[PDB]
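Summary heading: complex between AZD5438 and Cyclin-dependent kinase 2.
Along the sequence shown, residues are numbered consecutively beginning with 1. Just follow the structure's listing: the first ligand is 1, and inside any ligand the first atom is 1.
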Amino acid sequence: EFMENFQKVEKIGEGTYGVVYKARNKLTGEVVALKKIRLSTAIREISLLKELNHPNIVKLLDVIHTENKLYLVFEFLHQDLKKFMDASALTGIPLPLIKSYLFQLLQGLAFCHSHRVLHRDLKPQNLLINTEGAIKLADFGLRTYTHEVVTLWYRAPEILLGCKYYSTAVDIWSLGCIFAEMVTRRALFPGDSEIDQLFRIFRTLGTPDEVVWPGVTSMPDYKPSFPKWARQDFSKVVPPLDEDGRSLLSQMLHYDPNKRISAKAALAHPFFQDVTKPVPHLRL
Ligand SMILES: Cc1ncc(-c2ccnc(Nc3ccc(S(C)(=O)=O)cc3)n2)n1C(C)C
């Protein structure tokens, strides 16, 4: 019944919760992204997200509950960062554009974190970009319905070690992983299981201990039998990124979530002293 309001133009995602269509509001001709989830607590919580409006958050226009389906109607953007990263792979995204995207995402996070909203599943597939140089956070997250594996590559270590309470720091870790990936053109920690993800982190950043992360050894999934890898330098991890970028990235990848840089503090980092807003070249 609801779909009679909307012309499905094409399928754009098999999102974490459901399928997303580009669609055209049959009466207004507004073009939107429409997410169909298959099925009260959620209705109330998701309805509150209609108020979490910011230029770097994809605008949630409406939330419809009808006939054991939840539909979410969003402002439409034309592509994700994953596709831009894959397209820019031979050449690299120019540093000023990486910088601008990071700064923008940080502004978005600072906003939602100030309102005690976490994302919990940041990844290149839910960062969306336009021709005007904007990037926006989509698909806030609290197998897929198509049985596709949900990616672990940007999961913070506290999640992987079983922490029950997430803090805003989980987002900062995800974004640091994405920043590194923009710079190097390869995923930082491409785990293909929970333990493979954790051990990739450990192999690059050192196996965490009580010195760098007090309370780590008391975590639910911590095991004394984890191998003990020494830390590597960042100069090896994200060459040829400059000192300011390296320093920022190191702070976004602190193990302790209480030491990890906040979005707000990251926006003050000297890395952004010369930030600008370049226009990407998009082929739509
Ligand atoms: C999970 C989710 N919920 C809402 C969206 C959403 C919201 C706004 N616009 C879009 N547009 C879009 C996404 C990806 C691509 S493509 C060709 O690069 O795959 C093309 C256009 N999508 N999404 C996205 C993240 C699928």
If you restrict chain A to its UniProt ATP-binding residues, which of them have any heavy atom nearer than 4.0 Å to AZD5438? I12, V20, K35, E75, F76, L77, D80, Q125, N126, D139
If the cut-off is 4.0 Å to any non-hydrogen atom of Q79, which atoms of AZD5438 fall inside it? 18 (O), 20 (C)
Which UniProt active-site residue in chain A ranks closest to AZD5438 by heavy-atom distance, and what is that distance to the nearest 1 Å? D121, 9 Å
Looking at atom 1 (C) of AZD5438, what's its closest protein heavy atom, distance included? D139 OD1, 3.4 Å
Look only at interatomic distance and state if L77 has a nitrogen or oxygen under 3.5 Å from any nitrogen or oxygen of AZD5438. yes
Nearest-contact summary for atom 10 (C) of AZD5438 - protein heavy atom, Å: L128 CD1, 3.4 Å
Have a look at AZD5438 and work out which part of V20, if any, has a heavy atom under 4.0 Å from it: side chain, backbone, both or neither. side chain
Part of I12 with heavy atoms under 4.0 Å of AZD5438, whether side chain, backbone, both or neither: both
Mg(2+) binders in chain A (UniProt) with heavy atoms under 4.0 Å from AZD5438: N126, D139
Can you pull out the closest protein heavy atom to atom 25 (C) of AZD5438? Residue, atom name and distance to 0.1 Å, please. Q125 O, 3.2 Å
Heavy atom of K82, distance to AZD5438 below 4.0 Å: no
State the UniProt domain of chain A containing the majority of residues contacting AZD5438. Protein kinase
Write out the binding site of AZD5438 as chain and residue number, heavy atoms closer than 4.0 Å. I12, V20, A33, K35, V58, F74, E75, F76, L77, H78, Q79, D80, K83, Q125, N126, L128, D139
Identify all N/O pairs between AZD5438 and the protein with a separation under 3.5 Å and present them as a table of atom names and distances.
from, atom 1, to, atom 2, distance (Å)
AZD5438, 9 (N), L77, N, 3.2
AZD5438, 11 (N), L77, O, 2.8
AZD5438, 18 (O), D80, N, 3.0
AZD5438, 18 (O), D80, OD1, 3.4
AZD5438, 19 (O), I12, O, 3.3

